[PDB]
Amino acid sequence: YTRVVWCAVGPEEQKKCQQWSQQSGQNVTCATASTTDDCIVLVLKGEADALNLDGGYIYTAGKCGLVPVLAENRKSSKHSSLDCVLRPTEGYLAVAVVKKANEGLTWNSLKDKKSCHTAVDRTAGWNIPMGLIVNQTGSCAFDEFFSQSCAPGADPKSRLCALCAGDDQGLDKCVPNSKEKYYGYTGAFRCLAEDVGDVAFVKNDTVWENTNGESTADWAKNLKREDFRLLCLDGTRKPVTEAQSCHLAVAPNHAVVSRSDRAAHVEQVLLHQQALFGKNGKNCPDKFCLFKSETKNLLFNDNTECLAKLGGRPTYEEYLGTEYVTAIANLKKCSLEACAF
Ligand SMILES: *[C@@H]1O[C@H](CO)[C@@H](O[C@@H]2O[C@H](CO)[C@@H](O[C@@H]3O[C@H](CO[C@@H]4O[C@H](CO)[C@@H](O)[C@H](O)[C@@H]4O)[C@@H](O[C@H]4O[C@H](CO)[C@@H](O)[C@H](O)[C@@H]4O)[C@H](O)[C@@H]3O)[C@H](O)[C@H]2NC(C)=O)[C@H](O)[C@H]1NC(C)=O
Ligand SMILES: *[C@@H]1O[C@H](CO)[C@@H](O[C@@H]2O[C@H](CO)[C@@H](O)[C@H](O)[C@H]2NC(C)=O)[C@H](O)[C@H]1NC(C)=O
Ligand SMILES: CCC(=O)NS(=O)(=O)c1ccc(-c2c(-c3ccccc3)noc2C)cc1
Ligand SMILES: [Fe+3]
Ligand SMILES: [Zn+2]
Ligand SMILES: [Zn+2]
């Protein structure tokens, strides 16, 4: 079989894919979709082979029979003796971020405030925060909790999209892909950084990667970590240096998924691909690097050291975990066991 078709979401991920396709020598070809849900459909249809997904979407794909193949793994302090591919995933931290100057704003005073979400149906951006709020609220009206928000994937005409900007020409407002100015980790964080929303639901690495001259992007140039705070669940506020003791949850790393009858073939190709384009790959710094897309997190997160093997050949429920799976199920009874398509 040996040739893999990768599904790219949006035009920016497509242009990076073609570059990968080129350097691969047609080993990897691209398919494009305007949304992640459409990419899943393409993989079900068999028109695309695989794609890297956020846990939230892995639940969706899971109910449709797709399976996790390899997970993203970042550089850690613990487990240095083991190589990156055989090394277990540690998972990222879901947090709630705010401006320091915005005093008196805690977890208990979020109602009727403005929010910034990575996108609808995602772990740190939607599922974790909204699940918690639904519980504490005892109501399914999460569309009324915040006054205005930017949550890519929601109804454009609703308040949940009100804070989203769209692209260069203000078109595609609220679309769930990088054309939306406030889409994803970097998008949601910029949303807070520019003071559009009062809070942003991203992950811990995002704050660090886009502050203290790490990003070099016009909007991130002058951001200082000291100007930001994390909202803990006990109603306290802490510096971004205390994420381990002030997070909403710990999430399962983004993973590459595919149809179970293609997983073996997809896995084989990818390992060979990162041997060439990975962190220390033969052709990375020189020709092309798979895990670099100038802080835009295209196809993969920029902090990915390598895609790691799973081990225990886990199902999508085992990969996500029982904890998280019951959270999504509970949150979903608001908006019954079948593939959404
Ligand atoms: C939003 O609200 C919902 C609704 O409350 C929350 O969903 C609930 O989440 C709970 C916590 O995850 C969950 O509670 C249960 O906890 C028990 C006890 O956990 C045990 O801990 C042991 C440590 O000593 C450990 O060794 C055990 O393995 C075990 O995990 C769990 O065990 C039950 O099941 C057994 C089945 O054999 C049973 O015999 C036993 O008596 C226990 O009842 C259980 O699996 C579960 O984790 C609860 O299930 C959830 N509620 C629902 C609707 O199912 C969400 O978390 C909230 N959202 C957010 C974001 O927080
Ligand atoms: C496209 O895929 C083929 C098949 O894996 C690659 O050819 C192999 O490449 C490895 C290492 O790059 C060599 O050691 C093998 O001898 C090659 N032969 C095989 C098994 O076909 C090829 O390199 C890939 N092209 C790109 C640019 O990714
Ligand atoms: C990506 C999220 C993740 O990997 N979570 S995990 O590491 O905590 C995890 C992985 C595998 C299992 C698992 C279990 C299990 C059984 C009883 C009690 C707890 C876990 N059984 O089979 C498998 C696979 C559970 C959690
Ligand atoms: Fe995520
Ligand atoms: Zn914790
Ligand atoms: Zn198992």
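Chain A residue numbers are taken from the PDB entry; in order, the displayed residues are 342-676, 681-686. What's counted below: heavy atoms across the whole structure, side chains too, no hydrogens, waters or symmetry copies. Both counts, for ligands and for their atoms, begin at 1 and track the order of listing.
- From the options resminostat, aficamten, parecoxib, artesunate, bepridil, the one located at ligand 3 is parecoxib.
- Measured by close contacts, the chief partner of parecoxib is listed under the PDB entry as Lactotransferrin.
- As deposited, there is no covalent attachment of parecoxib to any chain.
- Residues of chain A near parecoxib cluster mainly in UniProt domain Transferrin-like 2.
- Lab note - ligands/ions near parecoxib (< 4.0 Å): ligand 6 (zinc ion).
- Binding site of parecoxib, heavy atoms within 4.0 Å: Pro593, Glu659, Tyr660, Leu661.
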